[PDB]
Every structure is written in C-alpha cells, then in structure tokens.
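Entry overview - Bifunctional dihydrofolate reductase-thymidylate synthase with methotrexate in place.
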Protein chains: 2
Amino acid sequence: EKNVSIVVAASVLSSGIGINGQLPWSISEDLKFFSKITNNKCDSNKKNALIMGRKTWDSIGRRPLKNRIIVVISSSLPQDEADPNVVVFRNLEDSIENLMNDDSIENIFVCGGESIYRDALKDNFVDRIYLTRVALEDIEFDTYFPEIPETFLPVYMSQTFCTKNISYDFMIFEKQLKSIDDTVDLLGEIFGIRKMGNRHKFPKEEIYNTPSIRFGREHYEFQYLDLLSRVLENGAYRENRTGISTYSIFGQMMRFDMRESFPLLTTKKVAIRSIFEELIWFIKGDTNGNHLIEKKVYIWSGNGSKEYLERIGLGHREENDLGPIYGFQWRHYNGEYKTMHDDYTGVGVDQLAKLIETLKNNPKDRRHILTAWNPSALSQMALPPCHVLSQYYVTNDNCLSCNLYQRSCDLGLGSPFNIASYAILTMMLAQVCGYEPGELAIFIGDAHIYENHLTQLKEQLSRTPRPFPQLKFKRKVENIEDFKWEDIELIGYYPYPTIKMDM
Amino acid sequence: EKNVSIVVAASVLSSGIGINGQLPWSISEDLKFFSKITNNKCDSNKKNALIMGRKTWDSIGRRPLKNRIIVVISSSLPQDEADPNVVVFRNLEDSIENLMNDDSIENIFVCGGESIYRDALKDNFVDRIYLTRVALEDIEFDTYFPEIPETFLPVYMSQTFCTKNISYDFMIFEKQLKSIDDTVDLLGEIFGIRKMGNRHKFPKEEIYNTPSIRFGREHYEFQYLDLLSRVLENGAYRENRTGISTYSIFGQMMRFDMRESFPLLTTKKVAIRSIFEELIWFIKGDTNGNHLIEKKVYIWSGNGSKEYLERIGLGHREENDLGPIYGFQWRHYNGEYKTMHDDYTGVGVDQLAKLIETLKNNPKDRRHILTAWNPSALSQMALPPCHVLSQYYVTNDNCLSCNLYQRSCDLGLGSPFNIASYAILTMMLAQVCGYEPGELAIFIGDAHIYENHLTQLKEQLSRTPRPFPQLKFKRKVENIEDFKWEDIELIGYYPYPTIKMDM
Ligand SMILES: NC(=O)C1=CN([C@@H]2O[C@H](COP(=O)(O)OP(=O)(O)OC[C@H]3O[C@@H](n4cnc5c(N)ncnc54)[C@H](OP(=O)(O)O)[C@@H]3O)[C@@H](O)[C@H]2O)C=CC1
Ligand SMILES: NC(=O)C1=CN([C@@H]2O[C@H](COP(=O)(O)OP(=O)(O)OC[C@H]3O[C@@H](n4cnc5c(N)ncnc54)[C@H](OP(=O)(O)O)[C@@H]3O)[C@@H](O)[C@H]2O)C=CC1
Ligand SMILES: CN(Cc1cnc2nc(N)nc(N)c2n1)c1ccc(C(=O)N[C@@H](CCC(=O)O)C(=O)O)cc1
Ligand SMILES: CN(Cc1cnc2nc(N)nc(N)c2n1)c1ccc(C(=O)N[C@@H](CCC(=O)O)C(=O)O)cc1
C-alpha cells in the first residue's frame, strides 16, 4: 500500500502529450522536473518504479534511467532478467505488484502514453497527478492526456516559467494545531470590529477561486483573484457621486513576476492592444482623447465628453480635451496647460527622461520615482490620477523592478489594465537601459468593486487560471517613444472568454 | 487520557496573578475569554471540569459557574454530594481521576492560584497554557504565576487589546500536504533566481522572532520583526558613496492596528518625545532646522550642516535652512522658496488644510492624499523626502486609517520612528475630525539594513514581543497645531532595553 503518482506534461487547452511518436516540445527544465520527481525517495536501499507503455518505451529510445526501475507494459516485448532496470509486464493491473511483492520499491510513477493514462485513471489506484501545463497549441497532437476525473482536486499551481519563449506551469492533483483556530474564533466573538481579524476575514469558499488549492497558490494571478475575493468578503458598502455603488477595503497589495512571464490575466481575455495604445499615449505625453478614439480605443470616452466636462466645473475644453493627465505629468510636470492642440515640448520637468538617465548612470540609487499626482492642477484636469506613483529598482543581477501606488483602483476593469500597463512600461524601460524585467508590486489604497460587476466578477472567480503568456520585443529601440504595436509579440496567451463589464 | 489546560491572566513582566485574595485588575473581556475557553466542548452531553485551590474558590466567592464542574483542592473543606457542580478533593494527583474514572467530562482546566499551578506544572499533567498578558506592573502582588517550563513553546500571540486604557494579549503554549513542499523545493533547485520563491525565501529559524509561533503571529509587531527577518534572509549587498554598506529588498509591506493599541515597538525602547517634536514641526509648515535643535532634537542636524550643504549644491543657504521638505510641501505645496525666516502665508496649496476640510465634509471621498514629493523642488531640498505619500480613509464606522509609501526606509532606526510618527499623526487628525484611529499600513520601496547593525538587529529578533502600549490624549484641541507634549499620555509601555545602534 505505497504511493502511486501520474507524471505528465500536456498542453493547457488541448491536453495533448505527443506527436508522431515524439514530444511536441523540447523544454529542458520539464525533463529535469521529471527526473527530480521520480528519483525523490527516502530510503537509500529502495528504488522508484516508472511504468510506461511500449510506445513510450520506444519514445525514449529504449534506454534505461539512472537510479530507477522502468516497468514496460507490452504484449510482445520479451522478458529477460539480464537487465534489472527494465521489467516487462503484460497488463497494467497485474504490473501493480510492486506494492504487494517487491519491498525494494518505495514509490511508483505512471508516465506512459494515453493507453496507460486512461487505464490508470479508471482503475482508482492513482493517488496523485503531477501535471506540467505547456502553453503550446499551434501544432497538432496524435496522443492526448485524458480528462482528469472529478475525484481529483488541484492542490498546487506553481508560478509561470519560460523556456524558448514557451510558458508552462507545474500542478499537483490529489484524490480527495486546532486549539489556535478555536481560540481565534472565540476572541472574535468577544470583540466585534475591535479585533482586526474580523475586519480582514478570509473569503468564504463560495467566492474563493479554486478553493482546493489552499497552500500552493504560487501562480501570481492569484494575487489579483484573492484581492478580488477579499473585497467580496469584507467590503463596505459605499454610495458615491452618481448611483454606481461600490464595496471598498483599504490598504492592499499584490505582486507579480516579470522575469519568466508577463502578468496578463488569463481568467478573462484582456484587450492588450488598447492597453498598449494608452501607454504609448501616456509616454508620448499626449493629452488628446481623439488620438485614442482614432485607434479603436474608448477607455477615455465617458470621462471626456461634453456632458462630463461641464458638470465637474469645466466646460471650456474641446470635445475630448482632458487636462493635465498621465503623461503630461510624466513628461511635463507642473507647467501651464492651455489646450490639447498645442506642443508642450520643453515645458515643465521631464520625469521620464530623468528616470531613464538615472537608471543608466546611477542604478543603485533610491530616487527612481515617477509621480503623476499634482495637487496644483487637480481641479483643471478631467479626472484625478489613479496611478499616482511608481518607483523603480535595479537589482544586483541587472533586473528592473517596479512599485506602483494607486489611490484608486476598480478591480473589475482598472486593475487588469494597470498591471499590464506598468509591466509593459517596466519592460520597455528595461530594454532601453540595458536591463532585464524584474518584479512588479502594486500597492492599492481604496480597492473597490462596483455593484454592477458582482455577477460578472463572481464568474471570473469560478475559472481556474492558466499559465501567463510571454511578452517579447522584436527589435531593439533607441528611445522609449519609438515603441509601436508591431514590435510586440504576445506568445502563448490562452485566456478564458471575455467578460463584458460596462463602465 | 483527556486534555488538561492551564488558564491564567498574569502581568507581562512580573507574572503576578493576585493581590490580597483578589484580582489586581478588572478586565471584563478577560473574564469573557475565561468563560468561552472553559465552556468550549464538542459533546453536548458532557461537561468541562475546572480545578482550583480553596483560596481561589474563596476568591470567586464560592459561587458555581454555569454548565461547568468546579473541582476544589482543599484539606479542610467537607465533601457532600448535595451539589454536583462543586466537588472537593484532598490532593491534585487524586483529583485527576476525571480522565481515568469519569466518562461524563470532556476537558479539564487548571485555574487556581500558584499552589495549584506549581503542582500541575511539576507533575506533567498540563498539555496547554492559555495566558493573558496584562500590562500592569505598578501595583504589587502576593501570588504569582510560576515560570513556564522549557517543554512548552508559544504557538499563538493575539493582537493587543484595550480595556480602560489597560493593554493585554492572549497567548497559547503547548508542550512538545507533504508532496507540495517537496515539489516546491525540487522546483527551487532546477530554477535558481528564476523562481521568485528563491528570491523571497522564508527566513531561517535562527533569524525568525519566536519561531515556535508558526501560525498565530497575530501581534502586529511581527509585521516589523518578520520584515526585519526577510531583509536578513535575502537582502542584497549594496555598496554606496563611502563604505557604509546596506542590504536591500524591494517592495515590502507592514500594517498595524490603532483601534486598540499604539504600535510602539516593545522589542526595544523607542524614544517617543523626539518623534513627537518633529511631527508638530512638520504640521506647522516650518523649514528652519534651528527650531528642532532648540528642543533637544537632532534628527535634521547632520543633514543641515555646512558640510552637507556643500555637496548637494545649496551652499548659499543659512546655517540651518533645510528648505522645501515635509511640511512645506504639506502646507505650501509648489509656490517658491526664499529663505527659512520669511512669511509663506497664502502661497501654494495647503494640502493639510484641504485634507482636514475634505475629511469632515467629504468622508466617502477618495482624494484624501497628502504628498511631499515635488519633482520641481527636488534639487532644492537638503534631503529628498522619504515619506513621499500618505493617503487617509474614513471607514463606515467613523474610523480614520492611513496608508504610507516610503521610497527608502532604514529598518534599524527609521521604521520604528516612522511607524510611531505617522500613528500619532493619524490619531491627531482623527481627534480634530471627530473620528477614532483605524489601521496603519506602511508600503516600503527600498527596505534596507545597514551592515553595522547586524549583531544588534539579531538581538532584537531574539526577544519575544510584549503587548503594545496605549497612547491617549488628555485634552481636546481645536486646531491640529495646538498639540503639545503635555497632552500625550503613554500608558503601559514595558519595552525591552534600548539597543544603541550608531549611524
Ligand atoms: N508529454 C508527456 O508527458 C508524455 C508523452 N508521451 C508521448 O506519447 C506517445 C506515446 O504514447 P502512446 O501512443 O499513447 O502509446 P503508449 O505509451 O500508451 O503505449 C502503448 C503500447 O503499450 C502496450 N499496451 C498498452 N495497453 C496495454 C494493455 N492494456 N495490455 C497490454 N499491452 C498494452 C501496447 O504495446 P504492444 O504493441 O506491445 O502490445 C501498446 O501498443 C509518444 O509520442 C510519447 O512521446 C509519452 C509519455 C509522456
Ligand atoms: N490572575 C489569575 O488568572 C488568577 C488569580 N488568582 C488569584 O490568586 C490568589 C489565590 O491563589 P493562591 O493564594 O495561590 O491559593 P490557591 O488558589 O493556590 O489555593 C490554595 C489552597 O488550596 C489548597 N491546597 C493548595 N495546595 C495543596 C496541596 N498540595 N494539597 C492539599 N491542598 C492544597 C490549600 O487549602 P487548604 O487551606 O485546605 O490547605 C490552599 O490553602 C487570589 O488572589 C486569586 O484572586 C487565582 C486564580 C487565577
Ligand atoms: C517518458 N518520457 C516522455 C516524457 C517527457 N516529459 C515529461 N514531462 C513530465 N512532466 N511528465 C512526463 N511523464 C514526461 N514524459 C521521458 C522520460 C524521461 C526522459 C529523460 O530524458 N530523462 C532524463 C532527464 C535528463 C535531464 O536531466 O534533463 C533522466 O535522466 O531522467 C525523456 C522522456
Ligand atoms: C478563578 N477566577 C479568577 C480568574 C480571573 N481571571 C482569569 N483570567 C484568565 N485568563 N485565566 C484565569 N484562570 C482567570 N482566573 C475567576 C473565574 C471566573 C470568574 C467569573 O466571573 N466567570 C464568569 C464570567 C462572566 C462573564 O461572562 O463575563 C463565568 O460565567 O464564567 C471570575 C474569577
């Protein structure tokens, strides 16, 4: 009665594992993971057993594996005891005698084609599934991994890794002291809102994304999803200026890795071109909303109309003429603003150019700060800034990281755009300065959820996330302004369908 | 063979429990905790047993406790079966027959003076200790709680609570799946710094404050101590202009509760008077450093001397004319700086006054922002600001919370001072606006530790923290400027000795 585990690497959507008798990919770290998971034992005198079909045995070239016993399931292969590293059995069920008969085996692993994966899943002897989710779907497969029965539950999901611009995860599925929790609950009954834990309750299982993953929430998309759950659990109802009521919690944080993946949310399809188009719009220092609507982008349409520019206190602006906004505060901080149809080249202080200069000539500094919150020009701008501050950091191994502070953040539509926007911005700065992308950390003040997004956000929490895509540039640019959408390649992006959330 | 637990409330330093046959205090919530921990059972048909000495039985007035059996250990009291709620035994050892003989009892509790605590701890009958750490030492005791043997280890430490300006904690002591951790460790060997977990390793047991508390790190001083441990674990070495090297990690967070305590560090004595004098100096909008040196405050003495005013470029200033720093950016943001002793009344925008006006007349707003990072006046300052941003938030129950972003923060001497400085500031803003203090959250960019503080900071990490003190105001002020040191009352502050960390 030992431990039997399935080890497989399959595509994220199609769940394919092979093509023409070979692997569909060449991921060096995946094979390393295979060797480390199949050699992991406790007793030095026992060995681990690896079960595979004949075609899989032919697939790996009929060459043994060090420190492991290979069990091949075939009806034609000859059985000879001259090689103890390879053993041949006639069926999978009778090959599971390693627990009953052989006491020189600690753990068994099933890893051999769909013929064996199918039978092993139906026979109720497998206790665990080690799954590597490869983000490859362009090519075709002839052997697939069977669907995981409902009896297994995900317990671990690693961060996204990269190998030759290919993204992949690592997942575990499992077939499925205390006086502290009872003392904390009793303390929470005595003190009401006086105990801070009651103000920061853990979200209930009905609003927790993939609740069976209780300890292996390594995948950094959970940083956003779990923040979404915390607002749904203990968010306070707040009426506002109009009728769009929110639920707010104050002081939150989420961080993302940019060294091996691009944090583009996979639990819903995120329009990345419009995110990129608004970022270069910021970088170029532009304030004209018509430049955005001329590129099929309507993010700043409701905040720049004539009705919205006359009920806030203005009204003398053009049709879509936001005032000193993001970009004008990055490239021309302070400085007198006239209209949208002027050239502000050389006015104010250019924080972005000074940032690039300090990143390349003083990397170990601690003043790489880009602010967009100008209290003097708040009442002459269309909407006060939400990404009020961003600080950048050069690690010892030549990586550029980024901190972002947001006073405001709609989790429904704002956060997915801000995460990708400041990740692209950091990668763009990283290439210009000669660095590699590092980490991103988002600090949020008033994290809120609009009431008309509840049904829709509760659908996103029902989707198990997928590995992050890759974002790579084609050419190497000279200045930050020369970036265009033609230079961006989004690789391995396989999101769930869109979620129409109206603003 | 059931479960025997000690329940006691004792002083934080002296560990005294009684005086003249009564309790030294009157903490209502402590008695409520006593009732909830002693009634907590699983079977509805069983009862819990409470063991106490006769003097303790006399202490509670010889009146029974509902739904519980009281066992009195005395050598004179009579034994009569007329009352099944009170049973009298002649010795402690023979009174522990509830596990052997009586099957109508689920859990046993020891809670009766040092004579019984001493015997129960020496006889190896106690499996758990529920300790309430009361922060009272002025009065004298005649009965103490015996020292906790080394076989027990702390597993839980609640946040600090308040009752009649008296602080107290709740602690638990105990006498002393897996495939996920092995897969993460194997993944961490394949990928080096490519796995974000290896860049954010958990600190080793030798630099973790109170390592036995693995899940009950409720006390919010652990937010600082664990941040200190993370820098010691994966901080990167960084040379600078001279030879004073630091160890930095980027993007960190710690939060504190202000509804029931004041986050003044107890693992080392923090000088509170000098912190307060610089804070009101900020509020008054003053930029002249001599105002601080006239009150035995040398925070801005080394940064405003003639040696420091010739290497930044501002050599034409007076002896102590720091310039546009915290305070001038709060009260007279933008504008223009001339000298230190002239009148800037009416210049720029007053963020602090606009903040106070908006906090009471627009509490549900989301623009309660106080910034001090001005890119136009950065090169006109003695030292660029460290508390670059602070946002405030009014909860639905009329509480004022605060977020703080720090681009730089020396954990050795700066963070303990910044935590107390902005906690006092939030408490002062809360009284003026008619609110109560809420939560405090610190967001740190470059969290660093100076190399000459390593031995000293590792000493602070060996000290188990104590309940936070209380900070209360004496009078009610009219304006934020009228606060004085005479109006501040620090109650129940019992820190470990100071740690001389030289700069
Ligand atoms: N991505 C991944 O993790 C992995 C991918 N692969 C890929 O999968 C492909 C091969 O797998 P696949 O095509 O499904 O073939 P299989 O590996 O499942 O092996 C099938 C063969 O095993 C024997 N066999 C199977 N079932 C039985 C049975 N019930 N009784 C007796 N003998 C049995 C038969 O051999 P016989 O002719 O002797 O009777 C059969 O032809 C390869 O391309 C390989 O690269 C393989 C392993 C892992
Ligand atoms: N802060 C807290 O959590 C608590 C505080 N207290 C305080 O402590 C004080 C009282 O405790 P304390 O003074 O230590 O007295 P105890 O509560 O320990 O009770 C002592 C009495 O129990 C009997 N007794 C004790 N040991 C033995 C023994 N080995 N064999 C037989 N009988 C024994 C004796 O009664 P006899 O005379 O018959 O010999 C003795 O007088 C009070 O002020 C009370 O308020 C009490 C409980 C909890
Ligand atoms: C059966 N098979 C196909 C294959 C490929 N990748 C997988 N990946 C996973 N996660 N799971 C599988 N079952 C799996 N199977 C294999 C098995 C081992 C080797 C292999 O070369 N192993 C070397 C690994 C060499 C190295 O360290 O990279 C070893 O010594 O164990 C190749 C293909
Ligand atoms: C023995 N004793 C002294 C006393 C006081 N505080 C303590 N506090 C702690 N944490 N632990 C103790 N053992 C303890 N003991 C007691 C015990 C119960 C009551 C008491 O009044 N209990 C009521 C509580 C009433 C209420 O709910 O507030 C009950 O119904 O149990 C007073 C003193």
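Chain A corresponds to the first sequence line; subsequent lines are lettered B, C, and so forth. Note that chain A is numbered according to the PDB entry, with residues 3-178, 193-519 shown in order. The numbering of chain B matches the PDB entry: 3-178, 193-519, in order. When a ligand or atom number is given, it counts from 1 through the structure's own listing order.
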Could you point out every ligand or chain corresponding to methotrexate? ligands 3 and 4
Other chains near methotrexate (ligand 3) (non-hydrogen, under 4.0 Å): A
Name every other-chain residue that has a non-hydrogen atom under 4.0 Å from methotrexate (ligand 3). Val9(A), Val10(A), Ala11(A), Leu25(A), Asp32(A), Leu33(A), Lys34(A), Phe36(A), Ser37(A), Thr58(A), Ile62(A), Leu67(A), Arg70(A), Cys113(A), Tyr119(A), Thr134(A)
